[PDB]
**Student:** 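So I pulled up a structure with PF-04691502 in it.
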Amino acid sequence: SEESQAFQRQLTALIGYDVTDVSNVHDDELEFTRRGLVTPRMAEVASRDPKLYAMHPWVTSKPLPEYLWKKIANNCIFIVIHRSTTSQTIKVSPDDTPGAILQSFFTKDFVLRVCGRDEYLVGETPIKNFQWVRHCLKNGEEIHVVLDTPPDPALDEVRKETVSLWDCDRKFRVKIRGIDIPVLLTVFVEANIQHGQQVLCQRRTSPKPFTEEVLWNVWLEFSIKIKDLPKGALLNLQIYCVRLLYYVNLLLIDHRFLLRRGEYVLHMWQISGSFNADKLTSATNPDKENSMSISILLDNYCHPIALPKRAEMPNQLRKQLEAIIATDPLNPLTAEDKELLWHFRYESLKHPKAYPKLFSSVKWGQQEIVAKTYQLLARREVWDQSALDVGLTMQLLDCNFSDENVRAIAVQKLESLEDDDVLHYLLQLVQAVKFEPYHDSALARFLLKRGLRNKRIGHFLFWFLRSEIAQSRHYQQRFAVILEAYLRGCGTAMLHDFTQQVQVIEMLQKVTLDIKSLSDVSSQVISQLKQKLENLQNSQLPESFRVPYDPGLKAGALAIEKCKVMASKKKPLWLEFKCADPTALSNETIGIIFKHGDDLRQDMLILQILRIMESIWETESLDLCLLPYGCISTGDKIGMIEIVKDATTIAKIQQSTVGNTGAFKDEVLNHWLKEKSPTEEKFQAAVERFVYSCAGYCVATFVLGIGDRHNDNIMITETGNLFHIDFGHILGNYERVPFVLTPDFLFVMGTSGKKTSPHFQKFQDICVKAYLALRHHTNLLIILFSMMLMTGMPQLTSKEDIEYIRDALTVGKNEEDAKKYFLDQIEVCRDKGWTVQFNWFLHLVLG
Ligand SMILES: COc1ccc(-c2cc3c(C)nc(N)nc3n([C@H]3CC[C@H](OCCO)CC3)c2=O)cn1
């Protein structure tokens with residue numbers, strides 16, 4: 001085969017790493033996992049309905065929220081069906097099927113698409129339940145359909161494809177031959193057997209002089225028995241001299257359940273600059289010329305050794321147990337707590353809330369305990385039956401659980417999330433893949449299934465993986481094998497779509513990096529920008545291409561005219577495009593920023609948390625009006641960002657009538673708003689939208705501990721909606737304010753200095769509801785914030801950083817104590833006025 005063999009050269013193109021390579025493995029686990037994934041891919045490609053798949057309706061079973069029924073006149077939604085230019089309006093009921101809006105139009109074969117978008121209102125679902133509709137209602141807008149012909153399913157077609165460990169009482173051991181580094185103190189090697197961040201045993205070698213080569217040739221006997229090693233155990237090898245210098249890991253029980261034996265030479269990872277996820281990888285360093293290396297031997301018998309495969313209680317105790325179950329994810333367990341959870345494990349099994357703590361009371365270094373823990377997993381009914389709790393589910397998937405049966409039951413719980421909910425957590429489920437001991441895992445397969453099943457999940461899963469494959473040497477192989485599996489099943493139609501997007505953005509990067517090397521901006525630089533963008537619009541670049549942060553959008557021709565290079569430290573591009581779709585109601589460009597020099601992974605994590613907060617507020621009928629704009633990492637330290645329309649900085653609004661100073665004037669923003677409002681009616685709404693959006697960002701920003709911001713990184717729209725930007729900037733550099741509530745903001749609210757008003761009391765009372773709303777999900781947010789810090793921004797691990805959020809969410813405190821607490825934060829804002837903002841001005845503009 002060849003035509004079905006040049007293919008892999010395209011996949012290796014889309015993936016961005018050569019999955020067939022072997023230059024950096026010490027076993028066949030990746031190969032075994034690729035083979036492993038073939039079955040779940042074809043299972044799902046065969047199992048998906050061709051229609052619904054090709055048109056990926058975007059649907060939701062959650063109730064239509066209150067604040068949107070009130071926006072429906074009376075059981076009456078208006079849709080505008082476009083033919084050519086012969087429009088037409090219809091009175092449709094919220095509970096109306098989409099087809100039925102054809103038994104009601106073919107009365108005065110075909111499918112309804114959305115004007116300007118790749119979105120289809122298809123399938124048996126009430127229109128109240130299509131996201132694009134809900135997006136229309138929320139922003140008060142006519143719903144436009146183009147009414148045309150189905151895409152053809154046939155274009156989504158995929159092209160044609162021994163001794164039992166439990167009989168070994170010998171203490172386990174490993175020989176350290178020694179270490180070699182090509183180029184350079186006293187030095188030694190530390191060997192740990194870890195399971196799930198739990199350390200089972202430790203031994204070291206004697207210290208030695210640090211030279212180009214250091215040999216010991218010692219056996220290190222561990223205090224743990226061969227039969228007592230759990231599946232997922234890591235041998236963790238480290239090098240000290242006290243500071244840590246190099247680490248590497250090796251699974252002691254391989255993907256085949258074999259105790260691991262023989263000679264191993266492993267190139268090790270360095271430490272730059274408390275644990276992030278890179279510390280956990282089974283992947284060996286690819287870079288050999290440079291990397292410290294270690295050489296070991298594992299005993300090597302014949303001799304394949306395969307890992308095989310309730311009463312009452314007092315009352316002081318029960319309440320002690322209840323107090324433990326309740327405590328938050330980050331609150332530590334004493335030995336005393338653990339022995340208690342374990343002894344009363346059966347009474348602990350009735351409370352799913354308890355599972356994270358129960359399965360952390362387990363000594364995984366003991367066969368018989370693990371064996372009892374598996375009996376525990378067989379009596380799992382209460383967990384199996386209870387309503388899905390994503391907060392619970394994520395905790396079992398973090399770095400604290402290495403047993404795959406514990407992790408599998410969390411994944412079981414996820415299988416019952418509707419698509420919509422999958423998109424909310426997708427980014428973090430993919431980061432959670434870094435915590436899996438093995439390349440092939442239930443969570444890895446599950447992400448594969450849900451992608452292959454829904455082009456929308458699938459489009460994002462593509463980019464999230466490609467971002468990691470592009471900037472993570474620790475996990476690229478594994479992510480490569482998951483991407484590869486996904487691409488070989490998405491459909492040739494998707495495959496061509498992904499290829500377009502890749503071709504375009506790769507070009508644009510080149511431009512970006514190139515203009516970047518010429519350096520505020522010279523009109524020499526402004527010149528080449530326009531020039532290269534003209535090159536592109538030629539005989540390479542395809543006509544259009546899906547915008548990656550918003551898959552429903554096709555971008556077409558650029559707008560050379562409007563595109564610019566901005567005056568940042570780095571030189572990011574400000575590009576704009578035409579909607580490639582003629583059926584577009586408007587003619588506004590699609591505006592996208594391109595930047596090198598920031599790791600955009602971190603901004604992605606924050607934005608997606610923001611969407612989750614907006615989703616938590618919808619449960620309580622709150623719309624705090626955030627603008628979590630699109631952001632997609634596409635490669636090392638580089639990617640794109642969506643541009644929000646009709647928006648300036650708050651600092652620019654000040655600099656407009658004070659001119660680069662700090663003489664910030666309390667009345668300037670409310671004057672800018674009135675300045676841009678055609679009616680005092682629109683103006684009132686922009687003031688209403690301000691109060692919500694600003695409150696919304698005070699709470700979220702405060703919980704996430706990124707509320708103390710420079711005035712240049714807070715923006716607003718000509719319509720009152722306020723939003724923060726550039727979250728990577730405070731995260732990735734690290735007198736104080738909790739969030740940013742400034743004299744100009746308060747002034748817009750009807751309060752001066754130390755006063756009060758109907759809008760400010762509206763403000764405070766949206767904050768309180770908001771703040772309390774999030775604390776109802778204290779466990780969700782604590783695990784997400786913790787997993788965020790671990791997989792996304794190293795340096796910000798330590799532990800002490802991770803625990804900021806417990807303080808913020810005020811765990812333990814009762815609502816009334818908590819309500820008061822936030823209001824006091826607001827009051828720290830009223831007190832400092834322009835202080836910090838002025839400080840941020842001196843520092844960030846004058847050093
Ligand atoms: C993590 O990296 C980054 C980098 C850039 C942004 C970013 C987002 C943004 C959005 C979503 N919407 C609108 N409307 N603008 C935006 N801007 C503008 C700020 C003012 C600037 O003007 C400088 C001369 O005054 C022009 C660009 C941004 O920078 C966010 N994160």
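Quick note: residue numbers are just sequence positions, from 1. Numbering of ligands and ligand atoms starts at 1, following listing order. In what follows, every heavy atom counts, from backbone to side chain, and hydrogens, waters and symmetry copies are set aside.
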**Student:** In this PDB structure, which macromolecule forms the chief contact with PF-04691502 (ligand 1), named as in UniProt?
**Tutor:** Phosphatidylinositol 4,5-bisphosphate 3-kinase catalytic subunit gamma isoform
**Student:** Which residues define the site around PF-04691502 (ligand 1) at a heavy-atom cut-off of 4.0 Å?
**Tutor:** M566, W574, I593, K595, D598, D603, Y629, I641, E642, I643, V644, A647, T649, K652, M715, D726
**Student:** Check each atom of PF-04691502 (ligand 1) against the heavy atoms of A647 and keep those under 4.0 Å away; list them by number with element.
**Tutor:** 14 (N)
**Student:** Can you confirm whether something in the protein, heavy atoms only, sits under 4.0 Å from atom 23 (C) of PF-04691502 (ligand 1)?
**Tutor:** no
**Student:** Nearest protein heavy-atom contact for atom 6 (C) of PF-04691502 (ligand 1): which residue, which atom, what distance?
**Tutor:** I641 CD1, 4.0 Å
**Student:** So which heavy atom in the protein is nearest atom 16 (C) of PF-04691502 (ligand 1), and how far is it from that ligand atom?
**Tutor:** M715 SD, 3.5 Å
**Student:** Curious here: most residues of chain A touching PF-04691502 (ligand 1), which UniProt domain are they in?
**Tutor:** PI3K/PI4K catalytic
**Student:** If the cut-off is 4.0 Å to any non-hydrogen atom of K652, which atoms of PF-04691502 (ligand 1) fall inside it?
**Tutor:** 25 (O)
**Student:** Tell me the protein heavy atom at minimum distance from atom 20 (C) of PF-04691502 (ligand 1), and give that distance in Å.
**Tutor:** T649 OG1, 3.9 Å
**Student:** Among protein heavy atoms, which sits nearest to atom 11 (C) of PF-04691502 (ligand 1), and what does the distance come to when rounded to 0.1 Å?
**Tutor:** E642 O, 3.0 Å
**Student:** Atoms of PF-04691502 (ligand 1) less than 4.0 Å from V644 heavy atoms?
**Tutor:** 10 (C), 11 (C), 12 (N), 13 (C), 14 (N)
**Student:** Which residues listed in UniProt as ATP binding sites of chain A come within 4.0 Å of PF-04691502 (ligand 1) at the heavy-atom level?
**Tutor:** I593, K595, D598, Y629, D726
**Student:** List the closest protein heavy-atom neighbour of atom 4 (C) of PF-04691502 (ligand 1): residue, atom name, distance to the nearest 0.1 Å.
**Tutor:** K595 NZ, 3.1 Å
**Student:** Could you list the atoms of PF-04691502 (ligand 1) found under 4.0 angstrom from a heavy atom of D603?
**Tutor:** 1 (C)
**Student:** Any idea which protein heavy atom is nearest atom 21 (C) of PF-04691502 (ligand 1), and the distance to it?
**Tutor:** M566 SD, 4.6 Å
**Student:** Just need the protein heavy atom nearest to atom 7 (C) of PF-04691502 (ligand 1), so name the residue and atom and give the distance.
**Tutor:** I593 CD1, 3.8 Å
**Student:** Of all the non-hydrogen atoms in the protein, which one sits nearest to atom 2 (O) of PF-04691502 (ligand 1), and at what distance?
**Tutor:** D726 OD1, 3.2 Å
